[PDB]
**Q** 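Let me begin by handing over the structure; questions about it come next.
Throughout, numbering of the chain's residues begins at 1 and tracks the sequence. Note: hydrogens, waters and symmetry copies are ignored here, and every other heavy atom, side chains too, is used. For ligands, and for the atoms within them, numbers begin at 1 and follow the listed sequence.
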Amino acid sequence: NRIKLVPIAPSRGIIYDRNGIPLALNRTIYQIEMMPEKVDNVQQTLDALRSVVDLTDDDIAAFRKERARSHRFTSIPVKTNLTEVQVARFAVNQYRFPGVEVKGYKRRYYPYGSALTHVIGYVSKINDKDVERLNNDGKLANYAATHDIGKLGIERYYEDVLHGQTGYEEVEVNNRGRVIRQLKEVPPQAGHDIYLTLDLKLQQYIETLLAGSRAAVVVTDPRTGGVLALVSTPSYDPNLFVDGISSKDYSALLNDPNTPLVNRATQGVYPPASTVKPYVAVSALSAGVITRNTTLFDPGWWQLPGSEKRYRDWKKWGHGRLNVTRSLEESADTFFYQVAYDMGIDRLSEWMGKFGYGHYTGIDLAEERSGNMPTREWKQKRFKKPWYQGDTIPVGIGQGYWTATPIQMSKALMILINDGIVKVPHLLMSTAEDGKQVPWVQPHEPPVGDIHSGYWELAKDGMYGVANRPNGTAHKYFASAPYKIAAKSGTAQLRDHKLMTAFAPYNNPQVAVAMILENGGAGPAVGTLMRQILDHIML
Ligand SMILES: *C(=O)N1C[C@H](NOS(=O)(=O)O)CC[C@H]1C(N)=O
């Protein structure tokens, strides 16, 4: 009688929000299955199982077809999703059905569904590119009994910790290959539980605010860089994929022109526009090409020296006399056109790159785009034409070749809040299992510019003005708040993309928000939605 070794799959770790609410759970699902070769009389067995587990003609139909579409000595399921009564009935009848097995499979469950789709992700059936990627990473050995895998979001980024360590059992089998006894069991070890920085009730609220629009919101705590909410709408139900998604259901997702499969927060690539003016400002003050007192007269436009090329301000007849404070307050373009010209693309890209633009943020998701912070070398490689000085000008106001993601906006915003300290936006607070907590540790990111310098306060004071002073572009959204709001909006490029960044309270910022409504959103203005979000958080 031969002794077989049989892998035991591990139980997948739980994902919890910042308050211990489980966001990704396991459910056991029961089926009876058989290897027909190991079943003496298949027909007799099927018919007697009508009585025992309420086996139906359709169940048998599905059985024989799946029996065809399967390799020799494959275990064919006979009946799936058994009720507990049905398992108990089969259990007390097990001895009549040698070669029929009852088995439990842990499946993944997402209780809050579409509110956490892009950030949490889903696990679903392993396919051939999963196999390949596991075999390159040299992890395949540990999946001998594992059949699902993180496909995106946190479920994929942390697949390795969530999965656990496969175990194994020694079982005795008879002449016909049926297990009669278990000799030894070396149990698996559950994957680690992971605790996220997310606030689930804040994420559901924001998802409610965003209803109908193509939008992304990132909310962070700038004191820690944690992601309190990262939502992309429209979304979809991650539970659809867990037990295998309908191709009807799946083609409906891909064919949605509102592209709900896209994580807009990390893969949405847009011109950052005016939202960059605070960072361009800090950069110019540090570079020394402007001053707290630098002033220019804006007629509503700006002309490139040695050229008839004129760039426009949004105010048709100008903002009159502008310094950096007032330019941030009223989101003047002319001031920043000039700043860009003086900075030069070289210095300008180098500084904006230090705020994170054009680079991956370091967030712990695998779905991410880097956007584009243009350089001479990049323009050369991408178009084999050299850099012209008029290419620098729109970069001053976050346009031209410049594109960024809302998670990049977030990183940059937090740097400004922290006076050049670079905090990576992250979702993981800690790991666990087996009882030992490992906290998420910030990678070494050297600061931007200089901490002691007073330019950080200057640019932030301007954002306070945007939100609070009568000439600020966002006064109507934020002035009346008890806590002090600082903000900076932008408009990009069908209708225009509406962007808003903000943080609160201004004295001791507890929350940072970058958000964007594609083509203006479906209802409220982005400034109204920002107020409501900052209200919900601060009460
Ligand atoms: C920045 O994107 N801009 C300057 C100004 N911002 O106004 S908004 O934030 O209220 O949309 C006008 C739009 C835009 C520009 N450069 O035109």
**Q** Under what name is the drug at ligand 1 recorded?
**A**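 Answer: avibactam (bound form).
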**Q** Which chain is the chief contact partner of avibactam (bound form, ligand 1) here, under the naming of UniProt?
**A**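 Largest number of contacts: Peptidoglycan D,D-transpeptidase MrdA.
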**Q** Define the binding site of avibactam (bound form, ligand 1) with a non-hydrogen cut-off of 4.0 Å.
**A**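 The binding site of avibactam (bound form, ligand 1) (heavy atoms) is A273, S274, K277, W314, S331, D333, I397, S489, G490, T491.
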**Q** What protein heavy atom lies closest to atom 13 (C) of avibactam (bound form, ligand 1)? Include the residue and the distance to one decimal.
**A**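 I find the closest protein heavy atom is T491 CB, 3.8 Å.
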**Q** Got the closest protein heavy atom to atom 14 (C) of avibactam (bound form, ligand 1), with its distance?
**A**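 I find the closest protein heavy atom is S274 OG, 3.7 Å.
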**Q** Any atoms of avibactam (bound form, ligand 1) less than 4.0 Å from a non-hydrogen atom of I397? List them with their elements.
**A**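 Listed by number with element, the hits are 16 (N).
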**Q** Suppose I only count heavy atoms of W314 and a 4.0 Å limit; which atoms of avibactam (bound form, ligand 1) are within that range?
**A**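 By the 4.0 Å cutoff, the relevant atoms are 4 (C), 5 (C), 12 (C), 17 (O).
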**Q** Quick one: which UniProt active-site residue in chain A is closest to avibactam (bound form, ligand 1), and how far is it by heavy atoms, to 1 Å?
**A**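 The nearest UniProt active-site residue, by heavy atoms, is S274, 1 Å.
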**Q** Can you list the atoms of avibactam (bound form, ligand 1) that are under 4.0 Å from a heavy atom of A273?
**A**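 Those atoms are 2 (O).
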**Q** Distance to 0.1 Å, residue and atom name: give those for the protein heavy atom nearest to atom 16 (N) of avibactam (bound form, ligand 1).
**A**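 Atom 16 (N) of avibactam (bound form, ligand 1) sits closest to the protein heavy atom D333 OD1, 3.1 Å.
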**Q** I'm curious whether the model shows a covalent bond from avibactam (bound form, ligand 1); which residue and atom, if any?
**A**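 The deposited model shows a covalent tie to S274 OG.
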**Q** List avibactam (bound form, ligand 1) atoms under 4.0 Å from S489, heavy atoms only on the residue side.
**A**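 Listed by number with element, the hits are 8 (S), 9 (O), 10 (O).
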**Q** How far is atom 6 (N) of avibactam (bound form, ligand 1) from its nearest protein heavy atom, and which residue and atom name does that atom have?
**A**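 Result for atom 6 (N) of avibactam (bound form, ligand 1): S331 OG, 3.4 Å.
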**Q** Pairs under 3.5 angstrom, nitrogen or oxygen on both sides, avibactam (bound form, ligand 1) versus protein: list them out, please.
**A**
residue: avibactam (bound form, ligand 1); atom: 2 (O); partner: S274; partner atom: N; Å: 2.9
residue: avibactam (bound form, ligand 1); atom: 2 (O); partner: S274; partner atom: OG; Å: 2.3
residue: avibactam (bound form, ligand 1); atom: 2 (O); partner: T491; partner atom: N; Å: 3.1
residue: avibactam (bound form, ligand 1); atom: 2 (O); partner: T491; partner atom: O; Å: 3.3
residue: avibactam (bound form, ligand 1); atom: 3 (N); partner: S274; partner atom: OG; Å: 2.4
residue: avibactam (bound form, ligand 1); atom: 6 (N); partner: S331; partner atom: OG; Å: 3.4
residue: avibactam (bound form, ligand 1); atom: 9 (O); partner: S489; partner atom: OG; Å: 2.2
residue: avibactam (bound form, ligand 1); atom: 9 (O); partner: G490; partner atom: N; Å: 3.3
residue: avibactam (bound form, ligand 1); atom: 11 (O); partner: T491; partner atom: OG1; Å: 2.3
residue: avibactam (bound form, ligand 1); atom: 16 (N); partner: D333; partner atom: OD1; Å: 3.1

